[PDB]
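A deposited model with ZK200775.
Every chain is numbered from 1 and lettered A, B, ... according to where its sequence line falls, protein lines coming before strand lines. Remember, it's 1-based here, ligands and their atoms both numbered in the order they're listed. FYI, side chains are in, hydrogens and waters are out, and symmetry mates aren't considered; it's all heavy atoms of this structure.
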Amino acid sequence: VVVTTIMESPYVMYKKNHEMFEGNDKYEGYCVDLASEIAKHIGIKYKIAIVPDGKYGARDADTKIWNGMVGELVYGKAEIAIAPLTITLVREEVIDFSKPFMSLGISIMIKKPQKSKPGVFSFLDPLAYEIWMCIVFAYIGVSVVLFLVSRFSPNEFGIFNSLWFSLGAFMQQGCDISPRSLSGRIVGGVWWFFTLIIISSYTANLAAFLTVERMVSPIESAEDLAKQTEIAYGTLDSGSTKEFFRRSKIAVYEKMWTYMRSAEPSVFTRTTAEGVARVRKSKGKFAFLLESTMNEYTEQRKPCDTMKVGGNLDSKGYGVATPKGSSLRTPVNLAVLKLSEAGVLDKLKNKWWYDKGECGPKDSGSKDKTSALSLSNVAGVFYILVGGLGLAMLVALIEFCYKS
Amino acid sequence: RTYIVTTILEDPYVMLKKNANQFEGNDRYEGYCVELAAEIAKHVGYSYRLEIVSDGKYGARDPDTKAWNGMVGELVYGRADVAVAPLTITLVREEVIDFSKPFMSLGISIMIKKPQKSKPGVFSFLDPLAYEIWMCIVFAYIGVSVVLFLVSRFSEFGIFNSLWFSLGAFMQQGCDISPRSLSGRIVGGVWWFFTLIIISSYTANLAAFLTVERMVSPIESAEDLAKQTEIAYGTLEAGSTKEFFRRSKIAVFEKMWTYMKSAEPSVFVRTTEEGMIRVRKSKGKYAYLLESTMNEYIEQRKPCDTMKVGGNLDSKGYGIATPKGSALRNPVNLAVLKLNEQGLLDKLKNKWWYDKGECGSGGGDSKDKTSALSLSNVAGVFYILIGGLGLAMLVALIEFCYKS
Amino acid sequence: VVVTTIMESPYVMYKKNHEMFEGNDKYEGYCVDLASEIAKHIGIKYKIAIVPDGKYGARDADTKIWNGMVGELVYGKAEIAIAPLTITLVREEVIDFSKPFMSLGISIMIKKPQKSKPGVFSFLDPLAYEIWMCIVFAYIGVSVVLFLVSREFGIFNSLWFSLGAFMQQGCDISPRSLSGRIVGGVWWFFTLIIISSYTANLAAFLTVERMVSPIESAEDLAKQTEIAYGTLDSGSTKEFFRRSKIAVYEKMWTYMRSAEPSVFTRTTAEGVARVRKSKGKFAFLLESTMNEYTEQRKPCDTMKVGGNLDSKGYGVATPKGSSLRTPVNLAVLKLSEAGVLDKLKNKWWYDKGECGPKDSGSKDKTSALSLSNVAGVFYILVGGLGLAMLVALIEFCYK
Amino acid sequence: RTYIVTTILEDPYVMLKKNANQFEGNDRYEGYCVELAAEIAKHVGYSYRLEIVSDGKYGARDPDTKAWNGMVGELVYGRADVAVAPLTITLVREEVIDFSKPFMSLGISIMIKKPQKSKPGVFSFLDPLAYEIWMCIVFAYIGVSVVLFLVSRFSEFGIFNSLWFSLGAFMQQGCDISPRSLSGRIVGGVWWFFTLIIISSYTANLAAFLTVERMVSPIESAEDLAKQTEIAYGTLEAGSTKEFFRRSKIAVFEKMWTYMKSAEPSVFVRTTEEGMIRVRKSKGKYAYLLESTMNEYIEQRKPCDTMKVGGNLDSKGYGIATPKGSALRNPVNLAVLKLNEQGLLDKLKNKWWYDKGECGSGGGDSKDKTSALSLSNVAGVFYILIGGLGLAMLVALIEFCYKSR
Amino acid sequence: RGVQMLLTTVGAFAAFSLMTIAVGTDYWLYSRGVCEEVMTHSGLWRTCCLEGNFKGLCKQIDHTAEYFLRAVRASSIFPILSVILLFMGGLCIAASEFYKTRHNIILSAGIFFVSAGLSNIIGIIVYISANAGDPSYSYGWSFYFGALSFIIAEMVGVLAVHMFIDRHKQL
Amino acid sequence: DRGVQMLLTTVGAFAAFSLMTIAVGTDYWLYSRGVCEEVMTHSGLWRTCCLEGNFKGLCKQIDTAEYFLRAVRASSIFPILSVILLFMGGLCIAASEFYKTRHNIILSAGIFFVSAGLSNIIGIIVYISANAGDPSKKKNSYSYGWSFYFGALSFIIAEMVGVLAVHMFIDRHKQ
Ligand SMILES: O=c1[nH]c2cc(C(F)(F)F)c(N3CCOCC3)cc2n(CP(=O)(O)O)c1=O
Ligand SMILES: O=c1[nH]c2cc(C(F)(F)F)c(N3CCOCC3)cc2n(CP(=O)(O)O)c1=O
Ligand SMILES: O=c1[nH]c2cc(C(F)(F)F)c(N3CCOCC3)cc2n(CP(=O)(O)O)c1=O
């Protein structure tokens, strides 16, 4: 009995380095343990031989030869193979496949953000956006009504005095002299009430903003990813994902393909290692597209900077390949089905995928990072400071030129 | 000859047109399954006549005291060859017949109601306090206003001056006129102390409410639902969900299974539509697990108040029944895998599950969570601003009428 | 083999389906399942019987007989006793005991810890008392300094200036001395910084609403507190407290002997009913298993165990001259070592419970602020207003 | 006849006297075990003379060449009738000889360092705003002060009035120096806006810092340890604790057993002493998971930085070893049960574990748990304020110069 | 200035009528309570449920700083003294409108009346504090008459201090 | 007593000139711990170099509401405009100390001193925004160097001259 397994896949791991625990079980992983489990289930001799082709499987129909595990099975040197192998049109007609033990997904991934350091938008982040315009409109209106009360109703206050009175009214400090009337007291009181409610709401809002943090994702779906058109995207230079994107039928996928058509900075990455290095180097743009299993494998790797958004662009699965029909095809099919129905396959999957990872142990977020008000949250505050003081000096100079 | 295709009466796949009457004959059914049957008959080449199973049940091949019936029962009896219908892959229906290929992936998942909270207007302004406290502070303000006026008349100033000084004292303002005598000075001091303590308390309460409102844990995946222990969950008494829960192996799913077996929320469901009704009527206090296919069908066809959350708990597939010793086993497998890989099946799924759905979730964009205020609670600030402008126009018009 | 057991609520209970089956498969819990496990371990047919007397097992010390399980095994009625039975000095010369498979002792229990609602203390619930003593001391000091360094600022004008500075307001009049400006600025800065700190502390207190453990958390704190304490009428706890030489329990014994005689209760149900009606009253000292049973029942209000005191063992009883004594000893040792009594204990006393809120904390809505946190302000407000109008009347009538 | 008892010293049983070996021998033994041996010899009547352990260990099953060692190995291989030194209950110990009764119980318990922290003084004032922001706002305050003087004297109202208005503006207090021109008014307004947003941001950050500092809770029980992150913990290797962890099958116990099974850090250590010393060296995140008895012993040691937290995970017990068929098996069982009931064992535990401890004699040393800003953190402001007031007093004397010199 | 004294007289008489309606009858307790949720009512010396399981009966109810506030909130002795002090305030206002040449004692009567008003304020707020202290109550359209009693007290006070302002011109 | 005041203004301006020259000459701004690894690197506004490491001896030049500030940080346009306006202020106060008849000269001097304060604030705020604006920056940080303190002292003597010369403006205006 000969079984093949590609070592260049996230399904095997070396035991120590070499000449330690020597023998037959030199590789430990998902696929080899599944093979051992089914061999204990039905009775199958254990083998260690690996095809020197390297590729999982390909159809070189131009030369009428099959390369990889599927070619090694169809020409004949083995009968049982456990490896990550996709199922396609040309592979089924030559080699029958069993039921898929694991579902495959294709998804986009982005780099985990670090922080946001904008300019005036730092101070603009709380208390929304339109509230500023509405409160400036309210300030102008209350200044107009105060000027009308002071002038039309029965004084020594012009438009500048009225706007200064309204500005000091907005800032819970007081005034130099009261209008001393029964009319202005109520409007001054309601304006003071509104501005103190606004200031208390701002303080509470910033306290709630700073006590906890959420890190909302910039994107949530592939449709929104295509619609935003601000982050670079690259699938792969060639392979199953590129072929699926080049020959898709869903309406948004043709738009996505035309977006790849007008790609300037060489989004076609030669190797997946270069792609993950590029997406882990720069977080501002260049989000990647990759298979779900490889993304989940990179989710538990020492850099610990990656996050998927969910959603499966394409659905397929990994199956067990056997050469033609024999007395072992039905046996291995029922063995795979029985192991898939039972949780033992899921037990092995969860164990080997979560016990080998350390990045996901710190789930959600870490609350032990507070420090103080660094300049990131203060850059807006001091930028509005420098703008206000510069504009105040400028208007002081022009008002001196106007009057004195 | 003329071949037959048997189809189970299932809601999300095949529809018997409610009009009945005309269009009877070949086009008696419109839906996913009949379209797939027409496509496979046009591809491999035969004529199909629709049939309905007698007992109306899926059936199984359990080793009971005979009395075998169902879809596989009528397949093995002789009067059935091709069954284009949904069919879960199970070991009890594999020992006699084999399936071709899972065209789509099945997965059990939790379903949740839509969390919708509409913040009121002027009611939301008094939300970060008790209305008794607002009544207390306003009535204490007017009481200390008249008391301050009488003690100033006892130990220059009028009713308007008294109101101005009292409200400016109420809300941390300076004044041009001085509170003469030590008695008036200490009244002003103690009432300033009260307004400072009450403004600090109000700001603290608003900060606490916003902190507890933002710091919330939405339910995702299964671990969060397992360790929240606040929302009821359950499945059917019998079916694939009960079989999967009985054979759990993972520690977290073992905890979920023993929590379900504790019978604190029980199952409380007979038909899954009744579970959908009771989870709509639970106002988010209950949750229910069911298949992703029917969950998507509920989220589309029913009014948009329920959807899915989290990933699939397990990997499962579909299939079409084929005879053990017929010539219609391999070509149908090759053609259905061709349709699955090409994406025409994906196109039909998109057409039947995204186009003819009276829901704006997939037909329009969602709402972006920008945090801070969103014209919901500050909307109440704008309605008390509307009250403020009402008081301002009231006092201005009544003053002009009094002078008139 | 035949075994007798005593109907004890946290060890054996009647099943809901009483009419489904009668016999061996009629009970569920710690005792009967442990008996089934050890019987399957050695290999024997076993039957379950109830005690005819109901006694826990003690010597009457006058007729030289035993009533209960020890009385039945001594007089030849049962050759094994899987029912729980504590190890005492009197129950060794007539009966044999195995190694203790459970550890129990006398533990404290209090009522439900809830948030208090004081009237005056809620005005300054955060911060402390010395903080406001020092702020008043600093207020008087800065008033005196400002009055002395400015020489219109008399013995009332400077006081008014400092008081206005204490609540974020300026003043109508300002001095012409830079010393006064400096002292007013630093006092304004201190007032603003302490008001900000107080407001933030109140916000944190209101947003956590965390309940702190009461004073009754240790025996030393139990002896130093004014709260009441109680125990059972006559039993293992009473026998332990009758004779002591540890120099920490004699004070507790004198506290029992000097307080009201209401501290003694007949049954544990009456005791939990008596402690349930008041947040304070008398905290009790009772068995650890009784506390663990009561903390996982439908009234999920009191679930406080506190510190662990005393040592006691629960063991299986076997008669003298039995060939299975070594067999049952090695059996209970194997179950204690490999671990299935602890697994069943976790599955039954912890996993099987009316509420699971003790496993993980939950967040509750803080609701409205109510008025208890504000009621203390109105009292000093009306008191200061009354003092002010009385002094105004006196000053205007006299001067 | 004189009876020899096998005694092995770890802590604090057979510790030798501080006067070296100037005494007569066996009479120079002080501890819990030797006092219990003297009492149990006086109860029924025999000799309590100690014996020297041959191997210095406790003994193991030793599947190679069978045999036995330790105290139980000396007991089974003749020349021993009474064993006083404590030893754990194990199946291989029971399959050869039998115990009497566990005189006092124990269990494996979690061990953490005592949380010790001190609030700062003037440095506590710069917690929620760091120190660069304070310098920036102070220098901006003097800049806007000289700018306000420029616009007041360019567009009374001297430098003194400008400082008055700026100092009133920095705390939103106001002043009576109101210029006729709108320029100084708008300068004051924008400076009011700046100082108010600084005050609001400071309040927000101090509230957030206090909430996040006080919200965290100390570790307790075992479930919180199971869901704990970023803190290391484990047990030793040469001991029965690892065997008990491996033999457990409870879902939570097997859960964290699988958690530290992939021991990426140095979870397993060799000896208790070296592990304790390296915990002292680290003192930020580690737990040793030792027995409750030795943990209670080491929390009474000289450094006084260790404490007992949580409960016992199991119900292990001690026992005094006796040979099978001897005449000193049942009377010693009756007498040890009598002393266990009498509470004399509790008295000996109190005197040799809480009274003779030179450090930490009073366990209730810090239990107020003041969850508010006491006079340790905010009173540092009271320092700098009085320092500022002292500065005020200092400038007062130089202003006294401006008054009189 | 006859309008001023007739306004004081009509305000005092209206305050008499509405405060008698407020304190005399048994109408002020609405809450989600159990007397089985049925209509309940508190009172000055007794508590009564109009319908339900307590029909035809009207039961005489029972019950340093904490003890004092509990006694004031439960026994309601201080509200009794406050409404009786309102009665003497109304009687001395009647004496004031009978003795129109009373320069200082009319002002003293005003001070006594506003003192009774603030005493009623402190009483009703400690009452609702004790109502909120039960777990660890709304306007009953007669507790609304108590609120209107506060409003009419403030109104008669402000028109009174308006006519002492008129007295400043008169004197 | 105006000769001592004008001498104080002159010596303050000379101190400001000396501080500006040693700022544009030396590179003691920040005692940063970077690479040449956390090692003492003279991070400069105009010249950044090192003292330790394997690459010691060779160093080079450094480099809708963020692009302008980034270009300001890269080009150092505001410190350059600041030192030019200090040069202009020195020239104008030299004209004031040589020519007493003119009056607008000290108006220009006061405007130049105040704009020096403005430009110094802008420069220091863009410098601390460049230093503290990155979340990546690194076990140790902060601990500003000596030239930050020299710039602070230049700012303090800037209010000193901007108070005393403006007081001289007030007294010459009232006389
Ligand atoms: O049968 C096939 N099975 C495959 C399985 C895997 C995976 F399981 F993820 F390892 C991958 N990885 C994709 C990501 O980078 C590493 C290799 C490639 C596969 N390919 C080549 P494709 O045609 O480029 O997809 C096949 O042909
Ligand atoms: O040794 C003894 N151990 C005991 C242990 C328990 C239990 F808690 F169940 F474990 C009890 N239960 C207390 C609650 O009511 C049912 C009996 C009684 C015990 N008694 C009888 P006492 O003489 O009344 O103390 C003993 O003597
Ligand atoms: O019988 C036994 N009795 C033991 C008694 C003790 C203790 F009392 F605590 F001194 C200890 N200590 C454990 C902590 O470090 C110091 C030694 C070990 C014992 N062991 C070996 P284990 O396999 O480590 O339990 C036994 O075999």
* Give, per the PDB entry, the macromolecule that holds ZK200775 (ligand 2) with the most contacts. => Isoform 2 of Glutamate receptor 4
* Give the letters of all other chains with a heavy atom closer than 4.0 Å to ZK200775 (ligand 2). => C
* Transmembrane segments of chain C near ZK200775 (ligand 2), UniProt numbering, heavy atom under 4.0 Å -> none
* Per the deposit, which organism was chain C derived from? -> Rattus norvegicus
